[PDB]
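Below is one structure; the comments refer to it alone.
Chain letters run A, B, ... following the sequence lines, proteins first, then strands; residues in each count from 1.
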Amino acid sequence: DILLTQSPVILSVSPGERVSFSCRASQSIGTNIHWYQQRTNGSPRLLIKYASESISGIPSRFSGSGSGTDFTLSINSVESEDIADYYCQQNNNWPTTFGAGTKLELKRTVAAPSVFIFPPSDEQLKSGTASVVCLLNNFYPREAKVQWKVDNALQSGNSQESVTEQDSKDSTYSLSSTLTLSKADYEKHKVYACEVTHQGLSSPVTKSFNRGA
Amino acid sequence: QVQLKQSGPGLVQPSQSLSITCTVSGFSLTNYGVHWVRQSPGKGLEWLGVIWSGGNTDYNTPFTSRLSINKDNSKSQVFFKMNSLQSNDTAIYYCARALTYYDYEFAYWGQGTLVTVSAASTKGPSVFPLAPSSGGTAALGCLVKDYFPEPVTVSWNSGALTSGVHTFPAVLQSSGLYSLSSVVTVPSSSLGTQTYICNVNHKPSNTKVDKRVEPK
Amino acid sequence: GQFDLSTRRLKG
């Protein structure tokens, strides 16, 4: 099979800048290469066919070049909505094969998160488990620290984090931190605190509630 | 316009067979071939095979013995079947159509079907409210907890509410069950006039829940 | 560098 090596693995640029993707083949494949875009929960979207030919409905900032073994997908001026993964495909030799993809990330100014805390619902408590959720909304850059304290006790190992992909419009992230306790444990304590550390904040932000009120 | 729509996602047991139906419209299976591609953690995008306008099939080499593709032209349906799955066959499977009848530039894709190869049992989620309690913007959400397998779909107010929605990637709990939350920020002044509902659908369990989310 | 089934995005 033709092996397709895409590079680099991650690309990071700012809107308006130009960006190029490399796709190199293990042997010559003429101009028989196609490019695809993939967003979150999406199917691949055909961008270019035969190295350089336009696709209907595809913005003109997308172009491609190359022949032989060395191919380039280019975006002459990047838009926030171009946040995605990009793949190449060869079909000079059977079977058609794909490369492993390059990730496109966007730079932007620092944005501090808006932090919210949610106690567990009385509905969940009926099951014998408490979930405490801490939301960090619309921040940049990705790196953030969430520290959980229950009655001033540092919590460790009993929380899980989930981060969205960059927003296609403002290029921010959002993050949820979920602290999971047994109901018995949750009822033995009072003060539940989520403390957030981020480059965009001049000192950490704490959101807390007292069980009950 | 041209469309391909696949059957729902779900569970296949170790060593058992996988079946997906691709229903097309906007063109005729008598004029175009339909391809199958999957996308997996270990191998990425992988081309599996094709059924051509006139009924012929090609299968990529590592699948010639466990793969079969058939179709019904009149019903515009293509049938994918693959035998003896192991866990590294867990992937998103797509049907796809090329631009020209004989070619491989894949301009049209199905929405995909996430296939989990597992001995475990299907389990629907419980849905819990993340109740609003800051510049007149309030945040509220739904906690979609303890389901298997992936995926679950979340939307707000039957699709009418999209702005400010963040639906987080599912995370796998030590119990082997998944969890995720979906949040949204709204004007606090609308908490007394607007209703906020997360529409939750977990197809592998046919669990489908609307959760109203209110200040508590 | 690995496809993530949850998100359909590359992750490491």
Discussion item. What drug are we dealing with at chains A and B, do you know?
Written reply: cetuximab
Practice prompt. Single out the chain of cetuximab that has the most non-hydrogen atom pairs closer than 4.5 Å with chain C.
Written response: chain A
Worksheet item: Which residues lie closer than 4.5 Å to cetuximab by heavy-atom distance?
Response: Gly1(C), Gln2(C), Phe3(C), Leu5(C), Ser6(C), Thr7(C), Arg8(C), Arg9(C), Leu10(C)
Worksheet item: What molecule name does the PDB give for chain B?
Response: Cetuximab Fab, heavy chain
